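Heading - relebactam (bound form) complexed with Beta-lactamase SME-1
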Amino acid sequence: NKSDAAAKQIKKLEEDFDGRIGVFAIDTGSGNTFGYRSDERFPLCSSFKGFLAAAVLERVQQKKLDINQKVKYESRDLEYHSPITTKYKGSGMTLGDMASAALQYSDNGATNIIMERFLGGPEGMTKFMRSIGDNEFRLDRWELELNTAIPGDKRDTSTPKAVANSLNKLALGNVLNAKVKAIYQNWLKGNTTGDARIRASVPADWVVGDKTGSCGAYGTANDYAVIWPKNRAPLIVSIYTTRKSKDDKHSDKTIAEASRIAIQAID
Ligand SMILES: *C(=O)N1C[C@H](NOS(=O)(=O)O)CC[C@H]1C(=O)NC1CCNCC1
Ligand SMILES: [Cl-]
């Protein structure tokens, strides 16, 4: 009844903007779920950097890395959109600052730096997801080339569902121990790029941790979130979009609306 109405509204939303919306949304309290295209591949874009953040915290936990060890890169020519790494060019960042910045600011340099030195490249990142039972996630390329969002391209894609379940495992489950889990949570809650997406779909006093992605080709944009409504078990929302023509702009509003529809579906 609600599920049915939610999918009519979604498919009318994708018709309205002439592309493709993928949703999975979970109540971790009532186990109600809503899925639309939830097993299609969409480009990850910047959204994978929320999972990279977790990968970093797992290496810290294993004690291969210290969250406060200094990471230096004076040598380095920073990647387009390294808003945070560029200002710390002379001094170095701590590993934990760098990782948060990858997540919260979508800092490219931080992304590539961490994958080059700490995670074994894009197949390491891929391998990290496999290790938590996610068989859909694939990272093939580095910043910024992973953002081409070419139609029918496998590279640098995942599914709405797989992202949702993974975030569930990472943010809420038993992959990260207690202190490390708290940090990843605080990092997602601090994301700065999400104010027009899943955050716009929910009341002000709901707590939201998020990571967005904007490929900037085929109007490809996404967001995933953990949501803590006051007095309620967290929800996980995961929303991936593409559009039909290459030069079409991403739509913050389609995302926020699909979130609204998905949450009402599962609430
Ligand atoms: C990620 O999707 N990125 C990095 C950055 N933050 O994304 S957001 O969704 O967190 O706002 C902005 C755009 C995007 C990216 O790097 N896109 C490239 C811009 C330059 N060449 C085309 C793709
Ligand atoms: Cl180069």
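Positions are given from 1, in the same order as the sequence printed here. So this one's X-ray crystallography, 2.4 Å, going by the header. Hydrogens, waters and symmetry mates are skipped; everything else that's a heavy atom, side chains included, is used. Order of listing sets the numbers, starting from 1, for every ligand and every atom in it.
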- Item | Components assigned to relebactam (bound form) | ligand 1
- Task: Give, by chain and number, all residues and nucleotides of other chains with a heavy atom within 4.0 Å of relebactam (bound form).
- Result: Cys45, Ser46, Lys49, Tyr80, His81, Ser106, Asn108, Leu144, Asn147, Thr193, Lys211, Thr212, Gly213, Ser214, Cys215
- Query: If you count the atoms of relebactam (bound form) from 1 in the order shown, which ones are under 4.0 Å from a heavy atom of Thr193?
  - Reply: 10 (O)
- For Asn147, counting its heavy atoms only, list the atoms of relebactam (bound form) lying under 4.0 Å from any of them. 2 (O), 15 (C), 16 (O), 23 (C)
- State whether the shortest distance between N or O atoms of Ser106 and N or O atoms of relebactam (bound form) falls below 3.5 angstrom. yes
- Task: Write down the UniProt active-site residue of chain A closest to relebactam (bound form) and its shortest heavy-atom distance, rounded to 1 Å.
- Result: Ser46, 1 Å
- Query: Counting from 1, what relebactam (bound form) atoms have a heavy atom of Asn108 closer than 4.0 Å?
  - Reply: 16 (O)
- In the PDB record, what organism appears as the source of chain A? Serratia marcescens
- At what residue and atom is a covalent bond to relebactam (bound form) recorded in the entry? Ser46 OG
- Query: Per UniProt, some residues of chain A bind beta-lactam; which of these have a heavy atom under 4.0 Å from relebactam (bound form)?
  - Reply: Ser46, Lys49, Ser106, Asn108, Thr212
- Query: Near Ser46, which atoms of relebactam (bound form) are under 4.0 Å from a heavy atom of that residue?
  - Reply: 1 (C), 2 (O), 3 (N), 4 (C), 5 (C), 6 (N), 7 (O), 10 (O), 14 (C)
- Message: What I want to know is whether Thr212 and relebactam (bound form) share at least one N or O pair that is separated by under 3.5 angstrom.
- Response: yes
